[PDB]
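Structure (with cryptophycin 52).
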Amino acid sequence: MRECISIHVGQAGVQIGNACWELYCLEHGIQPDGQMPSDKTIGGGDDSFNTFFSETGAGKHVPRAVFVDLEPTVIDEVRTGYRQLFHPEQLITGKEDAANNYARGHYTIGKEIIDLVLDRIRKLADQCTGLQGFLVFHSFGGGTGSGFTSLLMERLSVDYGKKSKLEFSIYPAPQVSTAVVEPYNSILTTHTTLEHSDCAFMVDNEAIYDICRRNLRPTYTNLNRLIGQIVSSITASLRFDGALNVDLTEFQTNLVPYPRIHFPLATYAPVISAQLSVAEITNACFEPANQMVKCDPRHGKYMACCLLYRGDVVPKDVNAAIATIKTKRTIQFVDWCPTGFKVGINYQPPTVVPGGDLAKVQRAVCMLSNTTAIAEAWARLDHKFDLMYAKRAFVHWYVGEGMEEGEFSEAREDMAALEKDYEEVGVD
Amino acid sequence: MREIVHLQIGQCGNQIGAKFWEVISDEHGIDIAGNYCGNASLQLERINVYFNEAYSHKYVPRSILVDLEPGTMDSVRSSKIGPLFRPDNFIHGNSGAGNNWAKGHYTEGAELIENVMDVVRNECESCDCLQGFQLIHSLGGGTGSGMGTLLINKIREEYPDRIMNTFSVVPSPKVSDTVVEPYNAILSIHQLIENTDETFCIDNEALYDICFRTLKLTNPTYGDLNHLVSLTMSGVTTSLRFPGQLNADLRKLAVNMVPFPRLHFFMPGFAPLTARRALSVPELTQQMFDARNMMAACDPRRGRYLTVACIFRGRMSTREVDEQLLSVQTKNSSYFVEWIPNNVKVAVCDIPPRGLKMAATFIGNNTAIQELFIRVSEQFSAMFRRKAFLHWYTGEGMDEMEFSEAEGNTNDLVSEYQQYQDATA
Ligand SMILES: COc1ccc(C[C@@H]2NC(=O)/C=C/C[C@@H]([C@H](C)[C@H]3O[C@@H]3c3ccccc3)OC(=O)[C@H](CC(C)C)OC(=O)C(C)(C)CNC2=O)cc1Cl
Ligand SMILES: Nc1nc2c(ncn2[C@@H]2O[C@H](COP(=O)(O)OP(=O)(O)OP(=O)(O)O)[C@@H](O)[C@H]2O)c(=O)[nH]1
Ligand SMILES: Nc1nc2c(ncn2[C@@H]2O[C@H](COP(=O)(O)OP(=O)(O)O)[C@@H](O)[C@H]2O)c(=O)[nH]1
């Protein structure tokens, strides 16, 4: 009765989406060719995976996925190494990359391809009768994943204004960065997609790299597998039995109070090399060094918490873990009915990749918590933006695609307003 | 006898109405088939206000259960009083509002208000004479408060010469986890000020306090709150359900208890409150006016009783009740206004509620109810100064000046309450 259309923009979006759909086929027991051993006896939908997976006339469980990128290498990689799983009609390729430029993907190169992607989006939405919205997979640093994401968000806000759109962004990291103007692209795509995004799970690769270094350099494959595990356990509640956060409106209402403050934080305890009590893994979800954003939540104030447990976790000791967490004076909630840890428990254990990077575990916990500690990350990004705009460095690569000079000052004013609003939330 | 059409909006209204109807049908001696089986002729007297007389001695209630989710209707039908209710009077929507007042006041309440107006007009055109409408709903929910205020506006437009009695349940943070409830409460309070003549301010905060201190139950389960509000509603409506000296048939209750068109917020209470025991007159009277016993989060020592209608149920001596209440009124003459003489009306009904030998129900327009409208308004101030969840309501066509208008009207009500409290004879 409900459908979701996943959208992947950029090389990072395409690779993350392929890993995530592989893990979704692994967790739900769907065969890689598209058939299902057990659940295909009915042959119909609404079997708790109809929010993501669509069934054709031949019984194939093709995912409702759109892979868009301006480079066809990763698209052909998905089409070769999967091919019968993803239809070639919904996989849109491009000719020329935007090449780490926001304005190239937003004004010239993405504008020649935005209409075909919109037509494919409408064609995939015609099969959906009760669709909720879209999951945008992109990355902040790239040229496609910022410019085409911003133009896509503008088009989906004009044309699909009654729907709510998520966001799955990749925050740039100095450990693995292929460009220098990632602050410029990130600030511009934050200012453009501020009013068009309702939940942005921005995760930086520095935290994933540090987790892979200290628990598991690790390459992009290990980072992709860990990020796919993180996103799969984030969206485990949407593809399973209903406890909480099973809808996009639930995500938008349990964590996002403001029209602009829609940046949650995820934290994951059970990262072990390929036992552990509930209290310590609940305590490890509050550790600042295990978060998916490199920031300190103890200097900020929480706004919400949606603890999602996976595996055979008894719900009796979860409340005792909650009490032992709340006895500590580290967490300082807001002072207008802050509620608490809205725990929902799914009894299906999470499945890991056979011989991959994460071992199979019985107790898994994720902490979808909003805070004001993301303002430190935005202050870092605006400090890098202000350092490269005092002397107008790298400016001409954007003005040559039709972008004006005042767009950078507008994005700086928008980021100053975002920092001021985060401070005003943080000040009673 | 006159005829009242009962209206319940929301799942809180549906649950409390089902428990209330069960308590009434136990008290009036009506079985699940709608046939009379009581032992007193007073139970069959004044039964046409609530129970419609169908064919073959079937006394079905004239209840209009309104909701936006069919699960509440299935829970009503699955209970014991489900076959007792009228199956043609069930109205249920497809999608609930879910703590959204704008969605239940502008879109979904508007899209179902034509059907509920058709049902109301079908019930009203068969009336020989209409007495009024009794409304039971919660001010915090999504379709409850919004559709209740829209139904109130439509009823006031259609029948301007009829009374509007509302059992408005004010939300509280101690039993409700939703944060946006001051918005719904303040908006419904602003609608009920301008378009309603009666309000029974039953507060869940005081219910939780009663269940915590008096009943010594830590958990505020909704069944115990349902039982307590149903007992208090039965004790309030024993004036309408049985003939006596104080009939108080809706309009008479409004003439006695309401001095001003804005200051019509009552404060019901129930003295012998016991969960699922010697009873006598002076203990019941000293439990009647206690701050802990009352079902609204108020302090009667800080306010003045404008009107009091204390009703006793059971087999008691009327002279001792009158002497005890006169002693209470004379001993606490600073707690009553001196510019309204003889403001305490006493009535005695011989039929007690089932499970209790004696009962003592008090209704009062005390000035201490402005503490509740200061508490809800100050929780509204901490939720409007930072615009939390304001994009939901303002995206449904609601202006942001509507919240300012509601806050200004509630502040004006608080100012007028304090001004009339400061005046003395
Ligand atoms: C300041 O930080 C916070 C601190 C605490 C919390 C607590 C946190 N959020 C709220 O109360 C927010 C309420 C606003 C309304 C909004 C205004 C409704 O119109 C939206 C709507 C919903 C459905 C259909 C159409 C429209 O959502 C709800 O009622 C949703 C209904 C949905 C899940 C069915 O239900 C809940 O919220 C739950 C799931 C039952 C519990 N939620 C909470 O404990 C949040 C924040 Cl951000
Ligand atoms: N975690 C993770 N990040 C990736 C991956 N691929 C690219 N990135 C991120 O992409 C950023 C640089 O952008 P690009 O190299 O241009 O890739 P892109 O974001 O897809 O943009 P386009 O190449 O134009 O499509 C880096 O900072 C990386 O963090 C990946 O496979 N995993
Ligand atoms: N006393 C009492 N209050 C209730 C009960 N159920 C819900 N409420 C209150 O009603 C409010 C929710 O309104 P609701 O009827 O659920 O609105 P709806 O979901 O839109 O139909 C909450 O703030 C609760 O405090 C109950 O059984 N007893």
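The sequence lines are taken in order and lettered A, B, and onward as chains. Residue numbering for chain A follows the PDB entry; the residues present correspond to positions 1-81, 83-217, 221-278, 285-438, in that order. The numbers used for chain B are those of the PDB entry, and the residues that appear cover 1-276, 282-430, in sequence. The structure shown is a partial extract from the entry, and contact counts are restricted to the extract. When a ligand or atom number is given, it counts from 1 through the structure's own listing order. According to its header, the structure was obtained by electron microscopy, 3.5 Å. Keep in mind that the numbers below use all heavy atoms, side chains included, and drop hydrogens, waters and symmetry copies.
For cryptophycin 52, every matching ligand or chain, copies included, can be listed as ligand 1.
Against cryptophycin 52 (ligand 1), the chain with more heavy-atom contacts than any other is given by the PDB entry as Tubulin beta-6 chain. Contact chains for cryptophycin 52 (ligand 1) (heavy atom under 4.0 Å, other chains only): A, B. Per the entry, the name for chain A comes out as Detyrosinated tubulin alpha-1A chain.
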